[PDB]
Structures are given as structure tokens and as C-alpha cells.
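Taxol complexed to Tubulin beta-2B chain, as determined in this entry.
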Amino acid sequence: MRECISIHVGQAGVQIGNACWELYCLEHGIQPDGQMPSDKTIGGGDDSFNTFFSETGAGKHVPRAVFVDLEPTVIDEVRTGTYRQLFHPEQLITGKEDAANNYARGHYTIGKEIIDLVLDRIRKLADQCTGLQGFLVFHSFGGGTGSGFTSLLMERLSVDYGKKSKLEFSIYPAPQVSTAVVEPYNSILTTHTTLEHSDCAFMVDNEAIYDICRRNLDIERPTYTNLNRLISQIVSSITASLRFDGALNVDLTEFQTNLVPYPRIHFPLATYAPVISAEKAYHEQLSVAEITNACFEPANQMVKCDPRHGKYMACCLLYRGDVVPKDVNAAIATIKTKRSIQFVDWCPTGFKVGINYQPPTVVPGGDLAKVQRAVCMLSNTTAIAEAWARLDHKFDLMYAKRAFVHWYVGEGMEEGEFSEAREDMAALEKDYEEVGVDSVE
Amino acid sequence: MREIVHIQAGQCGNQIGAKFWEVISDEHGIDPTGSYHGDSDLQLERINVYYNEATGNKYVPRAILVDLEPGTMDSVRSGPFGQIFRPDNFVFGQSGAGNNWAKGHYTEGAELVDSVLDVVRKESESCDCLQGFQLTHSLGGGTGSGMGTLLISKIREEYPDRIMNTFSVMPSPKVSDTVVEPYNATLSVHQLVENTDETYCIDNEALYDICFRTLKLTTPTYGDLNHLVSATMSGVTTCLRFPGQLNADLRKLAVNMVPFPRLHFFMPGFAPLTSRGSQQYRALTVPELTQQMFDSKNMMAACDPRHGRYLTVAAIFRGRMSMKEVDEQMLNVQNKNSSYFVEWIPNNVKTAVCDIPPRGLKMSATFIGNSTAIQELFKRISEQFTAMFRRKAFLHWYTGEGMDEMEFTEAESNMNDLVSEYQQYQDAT
Amino acid sequence: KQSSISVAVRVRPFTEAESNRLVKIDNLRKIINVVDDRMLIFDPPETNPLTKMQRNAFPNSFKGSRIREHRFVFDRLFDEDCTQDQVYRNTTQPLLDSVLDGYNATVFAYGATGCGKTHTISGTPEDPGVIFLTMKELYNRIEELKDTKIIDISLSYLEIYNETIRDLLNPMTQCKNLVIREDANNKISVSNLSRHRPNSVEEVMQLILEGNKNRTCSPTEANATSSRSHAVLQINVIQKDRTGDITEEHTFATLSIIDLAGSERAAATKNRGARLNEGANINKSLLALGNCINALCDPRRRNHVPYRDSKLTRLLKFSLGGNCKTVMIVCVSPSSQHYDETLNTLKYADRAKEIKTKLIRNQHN
Ligand SMILES: CC(=O)O[C@H]1C(=O)[C@@]2(C)[C@H]([C@H](OC(=O)c3ccccc3)[C@]3(O)C[C@H](OC(=O)[C@H](O)[C@@H](NC(=O)c4ccccc4)c4ccccc4)C(C)=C1C3(C)C)[C@]1(OC(C)=O)CO[C@@H]1C[C@@H]2O
Ligand SMILES: Nc1nc2c(ncn2[C@@H]2O[C@H](COP(=O)(O)OP(=O)(O)OP(=O)(O)O)[C@@H](O)[C@H]2O)c(=O)[nH]1
Ligand SMILES: Nc1nc2c(ncn2[C@@H]2O[C@H](COP(=O)(O)OP(=O)(O)O)[C@@H](O)[C@H]2O)c(=O)[nH]1
Ligand SMILES: Nc1ncnc2c1ncn2[C@@H]1O[C@H](COP(=O)(O)OP(=O)(O)O)[C@@H](O)[C@H]1O
Ligand SMILES: [Mg+2]
Ligand SMILES: [Mg+2]
């Protein structure tokens, strides 16, 4: 009855989606071929909820997902993988050529000739949805497709569906680590064209997750599989309230209401506290208070910033498993007494709490321990302003020389648009500076 | 399905191409008969990038073999893999260009370019989507220089929106193999800057130095130089035909590495390279791969990066490895060697990772650098050029073929402008 | 001896549709307030009463819009109601006086698409532009100087299209045979141009009309007749004395008139395919020109000016390098719908006011 449509854009989006749908299938008992063997014990039962999986007459469960990367390699890895029989064959490739880390290509030149097909498939998938809530868009700043085509898709979805929630899971560029030299241009242009259309953008950083895996999980050499598994756990924590019973439910429209004070500052950070190996799962209690304290440690944040350099505007704590509301109350009360954790005066409330009975799954072949309770946190802070400013400085250092700019104007873009984007980014910075100021009367 | 059309011009281009088709055919499990006998199923799923299917699961290279001396074509035919090439793609004349750029560009090459372009059009229009062309040739020789530049110009006219990939052997600093090397090299560079997206500069003395110093070879024939170059050419397009954690096609490399349109002359490298005996003493890991990869002594262009600044480098890894190691190493190299990277590009390293290593290796890496030190190449040629052009040392062999002195002057001016631009971006803040 | 590059700005009038919408809304907004011949205000304040009422009770809590106008100063400004003669008298007549004195000169048009560059330079049969007036006055002054000096005109007219040169007065000449070659003294010397020799107003205007007929032009939804090429007209005027005592006082000069294709915005355009490719090439050429402007303005970049990034900048090298008086006509559209592009066309123009060159009178024989 409830449902949401996941959209995976680019290589990062597709691989995160692979992790996410592996986790979902394990959570609901779906086999890789789409069959649910739990029907052999409880015929007609509901272990696979139709928030994500559409059921056919034969008993096959089809995920409500759309995959796009403008390149055949990543999707072809799915079509010949272990989950080839799960997804509908309409996994979309306009890969006659990729975007080449170019915003213009994935938005103006090659982003067209696929957009109509993608929106047609999204329309077909939504027409089966009796009570669609919103879209979960997975992409990455810095790529060609993930920036440009995601901006175009968000622009078209804002017209086709209007006041429908559009949550984004985006890979922010790291302060130091990067795999391309044109990440600032793509990120700035994406943000400029995306601010007016998204409702809430959950942000993670690969460098921070590398640090988390190194310190907490004792993985010296993590690949993207570990990062995608952690992001999958976070997404599962966010969407658990639509699927399983709980003491306190959270709908998809609740996140934007609670985490977004003003329209232009909808950039919360995400973190997942009980990241621990099986060996270190012993020797600790992993109580509600300890995990909630771990949520607020700067070391455990998944965006390379420090909340201590700013003020908390909003916080949303989603609990899973053997969690009692009294313990959550005591933990948040303990957090509110810390002088190192500041909140803006215009928000004396701060916290939202959700509680769910379903604990997380083990994902065999993974690295996380089987903890019997867990917490995800979504925190909107002003410290993210720093993470913006660095990009802006980087942008300037290139744009003063017009480095790599000809690749963008060679695909239909006008030079002045660069400046216009940067200016919109300046205003955004100022907005943060105006938001985190003590009021007077 | 991205597809590449491969053009071979001159003796040097043809030998490099023969070795390269040997390497690629071994990579995809294609035998000298054109039939498949490999093991992995990933070898066929992107065979279309370089091969066409003919009848009996026979795979024919999408190669075009060009020369003006018939001997090279007979040498290619009688080689181990001479029987896989399409017989109609052997386009060749009778008399060579005479180590004369004008003969191969205006007089002799002009009479044979039409057949080559007919074959190019036949091969290019038989693809679902052409990614681009790649040409292997040499500067400092008649047929390679002249025909390669003429073909590049005409293909650019016909196909302005596709990638052009020139793997070229430049004149060497100490010893030359032609008396009139500076004229051909200057005119070739003048034609290359205006009609190519990326040029991979190779120098024979750098390859000799690598073979003697690193591989401990005492008789490095041209087969070994072709081996090294062929490994580089395979490394460049690895992500086009195999899956990986982080892909990168030719256009992405061109976008990330060419900050300004005319600065597209690159310095390649390959790792690991060890002697047959010293392999057992070395642990093959990413920290060692990147250490060898960024070494000044491993570059293939005989131009020291340490005399300039890197505008942008690209590293393409192959094999199962962690992303954290690659990111940390490409950050540590920049942090430790910050004086050798331009400070107005915040991140000078492009990274790509492919999951399928070469056949006998567990790990490999390909370097493609773009640095201002490449000016030391052009400057040298320019000096030699003017030393011959002041006295008109050999001009009557070129003006006798219909060339004007204005072409020489324009080529010299263009190369000097390129040198000036490189010097500007070296000394900047 | 120094000479600065003068910048004149022209504001085109509203189209019929835009005029209707703006007039109804005012009863859409004019965003360029021409307050003086040398001074305009871009997006002036107090021209939107709803914004005034909202900001009067919104003390800078958030921006949501522009906070402060832009103030621009140029050599001369032309409003919507200007005619062709006023532009001609104050933009290029001194340049013709200079070319007939012995100093090279150029006038070139820049701006966004649909701003009135071809109208300013070429015009229409019922409203001639700069070229018609300039040639008419040139030949009139020739008739004035008859029996005192011998004046010879050599006319050349080419276009840059997709980084290829075409001779507008001699079609069927292949693009491969038109190449730019710098000699030992850095003279441009485009190869294989017609170099026609008119001797009357009727001949020169017929020749120029035949040239204009061969320009590449197609609809692009910004205007039904959009130029897709950079058109360059060169007029070499050579003056000899009739005394017979021929000395170094023989003179020769060049008047250049250049119409540039317009910048196409990406966020607000519907041009897909070959039109978009042409716009991409035009944008590349204009970016190269902008790089040349920035390099010439900055003392720190004097080691290298990227003239060779495009053929347009190479043909414009002579103007900015030395020995030429330069006029830039910057065309703008005064509407909020074109807020973004216009700003850039103003901002670039501002930088272009800082270029200075050295002029030397030409002598021959
Ligand atoms: C221990 C072992 O198995 O022997 C190795 C070997 O000893 C070393 C020294 C090999 C060896 O290479 C050389 O001896 C050599 C000689 C001249 C020029 C270049 C190399 C080797 O020949 C090369 C050969 O490499 C391959 O098979 C790659 O897949 C390579 N193949 C070809 O080039 C090829 C040549 C002819 C016919 C078919 C394929 C390749 C590299 C990059 C991209 C695609 C393919 C390997 C593993 C070895 C030997 C056999 C000794 C090295 O080769 C490369 C380029 O990978 C040289 O340093 C490396 C590291 C290896 O340890
Ligand atoms: N966390 C995570 N990040 C990834 C993964 N794959 C790619 N990325 C990141 O994605 C960023 C760039 O995006 P791309 O890999 O180029 O994908 P894209 O957005 O489709 O760009 P194009 O391939 O050019 O179309 C890089 O900074 C990578 O670190 C992944 O599996 N997990
Ligand atoms: N790497 C490599 N270079 C070669 C080879 N043969 C010739 N060369 C180089 O090519 C140049 C000679 O040009 P060449 O191709 O023989 O002239 P052409 O036959 O008229 O085209 C010299 O500078 C050589 O160093 C080869 O087999 N391998
Ligand atoms: N000052 C002006 N007066 C009257 N019409 C004008 C003026 N400027 C532009 N126009 C109109 O704009 C239309 C298209 O302008 P055009 O000059 O072709 O654009 P571009 O400058 O891009 O070539 C013409 O039909 C012309 O009538
Ligand atoms: Mg991709
Ligand atoms: Mg026009």
C-alpha cells in the first residue's frame, strides 16, 4: 500500500543499489531468483512487504528500482550476475557512450535521448504504485552521469510528480581524496541545478567511511563493497519504518519536515554508530546510551567535517532492535548536558526519535557483527558550510585559469553559467552564516 | 559498444602494431587462426572493441595497415599472427617516401590516401558506435609522418566528434636515425597539435634505458621496445573492454588530463618492470607499483618530470586491489612531491581501477602524465630545425615537392608558441 | 603613443511578443536603465513594487534575489530608440577617418544570441547597417579627393564556421586550401582569398550582398535568421600621390568589420543536433577570445596570450597585438528573461575596456 521508487544513477549509484537490494532480499527472505520460500511454511504470509517489491501471480518479487549509468559495463555486470533473474530486464543503458566526468554531456548532450525512456519507465513503475510516497535517488557528485543526468532527472520529476518527496543519497567529494580533477565543477553545477528540486540530501564521504572501516572494523584494505554495505545499512535504517512494526514509526515525509528548517539548507549528514567487528562485538555491552554517544563522536561521522566547528540545527535518531524508549530518553538527556554539543537558539527542541523492533541483518560475507540493537543518525549542522567553502575555493583556483572549461562549452554550455552557479553557492554559504547566529530582541 | 579503429603507418607503426595485436590476441584468447580458445568468459563480452566476427567464430582485427614500402607488409604477413589480418586492409604503394615529409604528405601519400580512407570508411561505418581512432606511427620518417598526419587530418574532417589517439615515436636527444629528422618532426607536430585529442610521446632512448637499467636486458631489440609500448597501449583502453570498480574510457582521460586544448602531449609509463631474477625478491603491492610508476627513470619519453611541473597525471590500475590504498598513495605522492604539481589544480591525479589484470600478473598499473617538462622535447627540435633552416640545409628536397617556406615558418612558430604556453603554465601561481 | 580599445554598448528594442507581455505586466521587466551616455545600471532597484513591499519588512534575513544592482561605465551607450546613423557616427566614422589618414582600424560586434549584431553591422535593405554607411562615405570622400590622390580599395570577405575558413566571395574553394600561416614577421596572411577590386558603390554593395548570401544561417528558435559563423570583412585602402614625386609618403591601411556569432545559453535553449554542435564551436571560439582578453589585461600573463586556441583569435591577433584602433559594439537584450547572459556580455565588456595598444602611421616606398 505504501511504496517508494529507488533510482540508481551512475556507477556509484548502481553499486550502492547492488548492496542495498542484496540487503533487502536477505531482510525479506527473497532468493536471488525472486522467489520467496517462506510461502512453503506460511502460505499467503507477508514477509516480503510491497514497499519495495511488486508481486506477480507466479510468486516472483520484482524490486521497484530503476538503474541508469550511460555506460553498459556496470549494468552488464548485473545482467550476468547472481541477481540477473531478480530485476526486471528494463535496466536502462544509453551506454553508446558515457559522460566522461562532464556535467554538460550527462545533462545537455547525451543526457538527452535517454531521459524520455527513463521517465517512461518511472511512470510505468509508479502507475503500479497505489500510494507512492517518494523517490530515493542514489548518485554521486563529481561524475558526469551522477551529476548532470541526476540534475536533469530531478528537474523532470519535479514537474511530472510535483509535491512528491525526493530524498537523495549522494557521495560528496572528499576534502583530500579524489579520483578526478574536475570534481569541483561537476559538484558546484549539480548543487546549483539541484537545490530547487530536492527535499533532503543525505550526504556521505568515502574518506570518512575509509577511516571508520580502518578504526572500528579493523579492515586495513577496504574496497567499495564495504562502503556500499555501510550505506546499505543506513538506507535500511531509514526505510525500516515502512516495512516492520515499531514503537515509534517515521514516514518519508517526516524527515524533510524535521531536518530542513529553511528550503535551501537541506543537507544533513548521516552516520551509523555500532560499526564493529565480530571480535570486538564481545567485550562491550552495546547499550542504547553507548551507541547514542557513539553517534555524536566526530570520529564516527561519515562526512569529513567536525560538528564542533558549528551548531546543530536538527537531529533524527532511528533506533532498531531491542531498544526501550526510557533508555533513548535518558541517552538524549545525557547528550543535551554536553557543552561540546551546541544547538542553535532558534531550535530548543532539536531531537526526533524513531524506534523499530526489527534488528539489522548479518549480510553473510560482510564485516559487521550481529548486534541486537543499532542506531542511525541524520544530523543537520552548520559545519557543512566548511565542506562547501573548500569546494568553492577549489572551483575558483581552476576557474581563474579557465582550466578544463573548454570541455564544457564544447558540449553546449555557456561560460557565464559557471559564474552563475558559483554565485548561487556564495549565497548558500551566506545563508548558513545567517542561520547559525544567536538571535536578539 | 565502444569500438576503436586502429591505423598503422610506416615501418615503426607496423612493427608496434604487430606486437600489439600479438598482445591483444593473447589477452582475449584469440589464436593465430582467428578462432577463440581462451578460458574466461569475460574475454568475449567486449571482443567487439578491437575485433569483428567473420564466419566460424573467427575474429578479425579492426586494423588498417599502411605503408609505402612493400617489405613491411610481407614481414607482417609472414609473422606468427599475419593470417588473422584481413587481406584487403593491406594498403601499400611501391616506392617509399624517401624519409621526406613532403613526399609522404603531398606527392606519394596523396596518391594512396584514397584507398586507405575507403578502408577506414568501410571499417568505421560497420560499428554500432565508434569511440574513436588510434594511430601508431613515427616522427622523423617519411611515410609514417606524412601519411599519418594526412590521414589524421582527413579523418578529423570526416569524424570531428570522435577521439584521435596518436602513439608516436619522437626523435631522440643524443643519436638520430635520419639526417632530416627535425623537418619531419616539426611539420608532424604542427599537424598533430591541430588535429589530435591526445598524443602519447615515446622516445627510443628512454626505452633503451628502461630495458638496460630496469629489465637488465643487454640486447634489447625492437621486439622488446614494441613489447613495452604494446603493454602501454593495452593499459590505456583496459577499462573499455573489462569490468572494474571505477571505469575510465578514452574520453574521460582526455577530459581529465587536457586542461587546455593544445596541451595534449603525454608521457607514458608502465609498472611493474623487473628483471627475470629480481622478481622473486620483490613483493608486488600497490605501494611498490606506485613507487615504480612515478619514478622519473620509468618514463618512456626521455623527458625528466623533475625539470617541470605535472599539469595532470592519470593512473590506470589492473587487478584485485583496495580503493583505500590507491587513494592514499595518490594523495601521498602529491603531498610529498608538492613542488612537482601545479597548485592551481587542487587534485592532479585521475584514478581508474580494472578488475582483470594481465594474463601472467596479479597486479599492474599504467601511467599517463601531462607535464611542462615535455617542452624540453619541442625546444630541442626547434633549435635543430632553425640550425638547418637558417642555411636551407635540405630545403630543396621539400620545395621541389611543391612545399612553400611559409609552411616551415608556420610550423616553427606554432611549436614555439606551444613551448611558450608550457613555460607559462610551469611558472604560474 | 597609446590607444585604448573603445567599447560602445547597444540595447536592442523589445520584440512584439515581449513588448506585449512586458507592457501588460507593467500596466517581465526592463533590466537595463540607461541613465547617461557613458553610464548604465544593470538590474536597477525599485523597479518591482512587490519586491519593494516584501523587502521593506524583510530585514536581510535571506536573499532570494539580487541585493545590489551593478553599475557599468563605457565609452558610449545606445538605448532602444537609437537608429543606425547614430551608431555609425559615434562608433566607426572616426575609424574610417583614421584608415584614410594611415592608421589601421577594426570594429567588431559581440553579445548574446538575438541581440542585434547582424542588424548593427549588415542591417536590412530598409535599414542599412555599418558596412553600407561606411562604404558609401568612403566612396563619397574618394570622389572628394579625386584629382588630388589616387585611392585603391581591395576587398576581402570570409567566414569562420566550425573552425573552417570559407571565402564568401568565391564559393567552391575548399576549406582545406584556406589555411592561416604566420610568416617570419608574424603576419597573418590567410591563403587563397579572392582580394576583389571594386571601383564604385554599386559594385562594392553588390559584392557584399553576394557575400552575405553565402553565409551559413538557419533558424535556432532564438531568431529565425541566426548567424552560425564569424564573418570578417577587410578593406585595404591604399593612397598614392598624383605629383609623380613618389616618396615614402605613400600610405596604406586596413579597415576590418567583424560580426561574431552569439553565445548560446545551455540552461535556456532548445537547439539539438547540428545546431547545438555549431553553438558549441561558437562558444569555444568566444571562450578563446575571452582568454585572449584576460591575458592582454593582466600584466602577469604577458608571456603568452593564447591566440592559437581558435582561428577567430588568430585573425583578431593583429587588432589587439599592435598598430590598430579597436571598437567593440556590445549588443544586449534588456529583459529579465535574458538576465544571465546579458550580465556576462556586460562583465566581459568591462574587462575589455582595459586593453591598450600602440599606433604607428604606415609608410611605403
Ligand atoms: C614470473 C612470470 O610469469 O614471468 C613474467 C616476468 O618474468 C616479468 C619479469 C615480465 C616478462 O617480460 C619481459 O621479459 C619483457 C621483456 C621486454 C619488454 C617487456 C617485458 C614476461 O616476458 C612477460 C609476461 O607478461 C605477460 O604475460 C603479460 O600478460 C603481458 N603479455 C605480453 O606482453 C605478451 C607478449 C607476447 C605474447 C603474448 C602476450 C601483458 C602486459 C600488459 C598488457 C597485456 C599483456 C610475464 C607475466 C612474465 C614473462 C613471460 C617472463 C615483465 O613483463 C610485463 C611487461 O609484464 C617484465 O617485467 C614484468 C614483470 C614480470 O615479473
Ligand atoms: N561509496 C562508493 N563510491 C563510489 C562507488 N563507485 C564509484 N564511487 C565514487 O563515484 C565518484 C565518481 O562517480 P563515477 O564513478 O564516475 O560514476 P558516474 O557518476 O556515473 O560518472 P560517469 O561514469 O562518468 O558517468 C568517485 O569519486 C568514486 O569514488 C562505490 O561503489 N561506492
Ligand atoms: N619503436 C620502434 N621504432 C622504430 C622501429 N623501426 C623504426 N623505428 C623508428 O622509426 C624511425 C624511422 O622511420 P621509418 O618508419 O623507418 O620511416 P618510413 O619507413 O619511411 O616510414 C626511426 O627514428 C626509428 O627509431 C621499431 O621496430 N620500433
Ligand atoms: N536596434 C534594432 N532595431 C530593430 N530591430 C532589431 C534591432 N536589433 C535587433 N533587431 C531585430 O532582431 C532580429 C534578429 O537579430 P540579429 O541581428 O539577426 O541577431 P544576431 O545579433 O544574433 O545576429 C532582426 O530581425 C532584427 O529586426
Ligand atoms: Mg560510469
Ligand atoms: Mg547573426
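Chain naming is simple here: A for the first sequence line, B for the second, and so on down. Residue numbering for chain A follows the PDB entry; the residues present correspond to positions 1-441, in that order. Numbering, chain B: per the PDB entry, residues 1-429 in sequence. By the numbers in the PDB entry, the shown part of chain C spans 22-48, 102-439. First listed ligand is number 1; within each ligand, the first listed atom is number 1. Side chains are part of it too, since the values below use all heavy atoms of this structure and drop only hydrogens, waters and symmetry mates.
Location of Taxol, all copies: ligand 1.
Every other chain with a heavy atom under 4.0 Å from Taxol is listed here: B. Measured on heavy atoms with a 4.0 Å cut-off, the binding site of Taxol is B:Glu22, B:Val23, B:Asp26, B:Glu27, B:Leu215, B:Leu217, B:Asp224, B:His227, B:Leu228, B:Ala231, B:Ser234, B:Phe270, B:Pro272, B:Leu273, B:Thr274, B:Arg276, B:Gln279, B:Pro358, B:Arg359, B:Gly360, B:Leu361. What sits closest to atom 28 (C) of Taxol on the protein, heavy atoms only, is B:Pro358 CB, 4.0 Å. Scanning out to just under 4.0 Å from Taxol turns up no other ligands or ions. Nearest protein heavy-atom neighbour of atom 4 (O) of Taxol: B:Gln279 OE1, 4.4 Å. The shortest N or O to N or O distance between B:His227 and Taxol is under 3.5 Å. Those atoms of Taxol with a heavy atom of B:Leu361 less than 4.0 angstrom away are 56 (O). Distance screen at 4.0 Å: atom 48 (C) of Taxol has no protein heavy-atom neighbour inside the cut-off. For the pair B:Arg359 and Taxol, the shortest N or O to N or O distance falls below 3.5 Å. Looking from atom 57 (C) of Taxol to the surrounding protein, the closest heavy atom is B:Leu215 CD2, 3.6 Å. The protein non-hydrogen atom at the shortest distance from atom 7 (O) of Taxol is B:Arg276 CD, 3.6 Å.
The protein atom (non-hydrogen) at minimum distance from atom 54 (C) of Taxol is B:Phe270 CE2, 4.2 Å. Polar contact check, B:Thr274 against Taxol: a nitrogen or oxygen pair lies under 3.5 Å apart.
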